[PDB]
Colleague: 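Structure provided below as structure tokens; questions to follow.
Here is the naming used below: chain letters follow the sequence lines, and residue numbers restart at 1 for every chain. First listed ligand is number 1; within each ligand, the first listed atom is number 1. The figures here come from the full heavy-atom set of this structure, side chains too, leaving out hydrogens, waters and symmetry mates. Per deposition record, X-ray crystallography, 2.4 Å.
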Protein chains: 2
Amino acid sequence: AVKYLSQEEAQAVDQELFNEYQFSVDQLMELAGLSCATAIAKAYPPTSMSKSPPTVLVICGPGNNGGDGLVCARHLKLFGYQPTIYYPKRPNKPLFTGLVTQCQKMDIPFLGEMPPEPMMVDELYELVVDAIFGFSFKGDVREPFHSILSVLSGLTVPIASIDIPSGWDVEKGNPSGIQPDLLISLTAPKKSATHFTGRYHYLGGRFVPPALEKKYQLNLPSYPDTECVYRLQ
Amino acid sequence: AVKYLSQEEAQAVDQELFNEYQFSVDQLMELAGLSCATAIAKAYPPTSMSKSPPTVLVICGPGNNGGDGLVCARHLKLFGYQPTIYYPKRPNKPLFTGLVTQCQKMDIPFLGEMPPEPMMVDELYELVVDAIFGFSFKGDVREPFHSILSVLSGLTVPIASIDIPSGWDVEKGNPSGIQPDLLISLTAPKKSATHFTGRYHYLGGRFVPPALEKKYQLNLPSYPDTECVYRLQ
Ligand SMILES: Cn1c(=O)c2[nH]cnc2n(C)c1=O
Ligand SMILES: Cn1c(=O)c2[nH]cnc2n(C)c1=O
């Protein structure tokens with residue numbers, strides 16, 4: 001069966017990838033974000049949703065998970081969804097300034113603020129994508145993210161979390177945290193994923209060189225044909 | 001029906017993408033190379049090939065098409081193929097030095113030279129990927145590419161060309177050029193694709209913002225579900 005990583009194991013795999021294999025940051029981020037988008041479309045495809053086009057709020061954090069979120073949003077657009085992004089804290093680097101402009105001229109909107117009540121979120125959006133915190137998260141959940149997460153736990157619409165349900169401890173989880181319905185584990189799942197009890201768990205990030213998989217004994221399952229995601233069960 | 005571009009139209013679409021939309025070079029190159037790999041796997045999937053794992057020679061040029069080739073090779077590896085790269089002329093930039101190392105630690109080999117007879121190519125490789133020249137090609141086909149193309153036209157195994165059959169005039173074609181069996185048109189097809197008479201023509205590069213498609217009246221067909229390629233016929 002497939003292996004679930006420690007924060008330490010995953011920080012290590014990630015640094016091989018950029019330092020040894022010399023994969024570039026935005027290369028992998030593109031592929032990670034595509035997988036997210038691809039998991040969401042397979043779990044909640046347009047035909048099955050009530051709105052044509054189905055609506056989605058993508059909430060992006062201040063670090064790389066936020067980045068994956070921006071990329072996901074843009075592929076969601078192309079896959080037939082009507083996404084909206086809340087990106088309250090934006091790092092000033094070209095990486096992120098470029099992902100912002102791309103989404104803008106796709107006509108994907110950026111909310112100036114978070115709807116403060118879960119019911120309004122539920123009414124506006126058929127799905128919320130949690131791209132706030134990922135693998136390297138150590139916090140200390142500070143504002144404005146505490147109250148975002150507090151709105152999220154009152155939602156009736158599904159939450160799709162990228163890599164790690166934000167607010168959960170990367171290894172241990174959080175019983176009183178948000179309880180997503182879809183989780184996209186990128187590269188390899190993290191021990192906190194054994195606490196996941198939603199209906200959909202996909203593996204994404206089809207870019208792990210087989211010698212890395214053999215080295216860290218990841219026992220990655222075989223993605224089918226040309227797919228960039230695989231449903232874990 | 002879908003539109004076929006002039007060199008001038010495509011140089012323009014490409015420069016919007018990087019200058020206006022601020023898509024990054026390696027972002028799109030990743031997605032282009034993934035589509036190539038995905039077209040090849042759907043046209044010539046492992047189960048249908050005689051070797052397990054099916055073998056492939058990817059021939060990379062000195063410019064961006066070569067880049068797409070390197071990316072294709074690496075996804076081909078993950079998709080279940082045993083690729084080999086001939087990259088005789090290598091630009092010294094991180095972009096390309098990184099794509100080279102990635103392939104190396106995937107255990108994808110780089111030929112020191114081209115097999116000089118088509119029969120040897122046919123015996124070693126079940127498929128040849130032509131990533132030599134693409135859209136911005138103006139040449140003046142110089143060495144060592146003249147003799148590569150001259151080996152290629154004597155092949156019995158299929159050739160898969162990325163974007164433009166190398167040696168063909170980007171608009172007009174070339175009746176006495178190489179005659180690929182698969183063509184992957186990236187972003188949008190080029191007028192030379194109306195001269196293509198092989199069995200497989202896929203469109204790839206699922207990243208065109210709809211307002212660009214509407215502006216340059218590309219009439220892009222609808223890629224199905226989450227696929228990054230579409231078969232044209
Ligand atoms: C292990 N690992 C991850 O868990 C992850 N999540 C997002 N990018 C990631 N990368 C690049 C990674 O190597
Ligand atoms: C139009 N066009 C192309 O035809 C192409 N081929 C490879 N990259 C490409 N890009 C980025 C592009 O914009």
Colleague: Count heavy-atom pairs within 4.5 Å of ligand 1 for each chain, then name the one with the most as UniProt does.
Modeller: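 It is most in contact with NAD(P)H-hydrate epimerase.
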Colleague: Given the options esketamine, dichloroacetic acid, theophylline, caffeine, paracetamol, which is seen at ligand 1?
Modeller: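 At ligand 1, it's theophylline.
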Colleague: Which other polymer chains sit within a heavy-atom distance below 4.0 Å of theophylline (ligand 1)?
Modeller: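 Under 4.0 Å by non-hydrogen atoms: A.
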Colleague: At a 4.0 Å heavy-atom threshold, which residues contact theophylline (ligand 1)?
Modeller: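 By heavy-atom distance, those would be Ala10(A), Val13(A), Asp14(A), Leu17(A), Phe135(A), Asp163(A), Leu186(A), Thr187(A), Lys190(A).
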Colleague: Is there a polar contact between theophylline (ligand 1) and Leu186(A), counting only N or O atoms under 3.5 Å apart?
Modeller: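 By distance alone, the answer is yes.
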Colleague: Which of the numbered atoms in theophylline (ligand 1) are below 4.0 angstrom from a heavy atom of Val13(A)?
Modeller: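 Selected atoms, number and element: 1 (C), 13 (O).
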Colleague: Enumerate the (6S)-NADPHX-binding residues UniProt records for chain A that place a heavy atom under 4.0 Å from theophylline (ligand 1).
Modeller: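 Counting heavy atoms against the UniProt list, it comes to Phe135(A), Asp163(A).
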Colleague: When you measure from atom 6 (N) of theophylline (ligand 1) to every protein heavy atom, which one gives the shortest distance, and what is it?
Modeller: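 Answer, as residue, atom name and distance: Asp163(A) OD2, 2.9 Å.
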Colleague: Which residue and non-hydrogen atom of the protein lie closest to atom 4 (O) of theophylline (ligand 1), and at what distance in Å?
Modeller: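 Of every protein heavy atom, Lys190(A) NZ, 2.4 Å lies nearest to atom 4 (O) of theophylline (ligand 1).
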Colleague: Identify the closest protein heavy atom to atom 8 (N) of theophylline (ligand 1): which residue and atom is it, and at what distance?
Modeller: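 Closest protein heavy atom to atom 8 (N) of theophylline (ligand 1): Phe135(A) CE2, 4.2 Å.
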Colleague: Counting non-hydrogen protein atoms only, what is the nearest one to atom 11 (C) of theophylline (ligand 1)? Give residue, atom name and distance.
Modeller: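 In this structure, atom 11 (C) of theophylline (ligand 1) has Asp14(A) OD2, 3.0 Å as its nearest protein heavy atom.
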Colleague: Could you tell me the residue and atom name of the protein heavy atom closest to atom 12 (C) of theophylline (ligand 1), and the distance to it rounded to 0.1 Å?
Modeller: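 Here the nearest protein heavy atom works out to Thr187(A) OG1, 3.4 Å.
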Colleague: So, for theophylline (ligand 1), where in chain A are most contacts, UniProt-domain-wise?
Modeller: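 It's the UniProt domain YjeF N-terminal.
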Colleague: Quick one: does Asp68(A) get an N or O within less than 3.5 Å of an N or O on theophylline (ligand 1)?
Modeller: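 No, there is no polar N/O contact under 3.5 Å.
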Colleague: Any idea which atoms of theophylline (ligand 1) are less than 4.0 Å away from a heavy-atom of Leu17(A)?
Modeller: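 Answer for theophylline (ligand 1): 13 (O).
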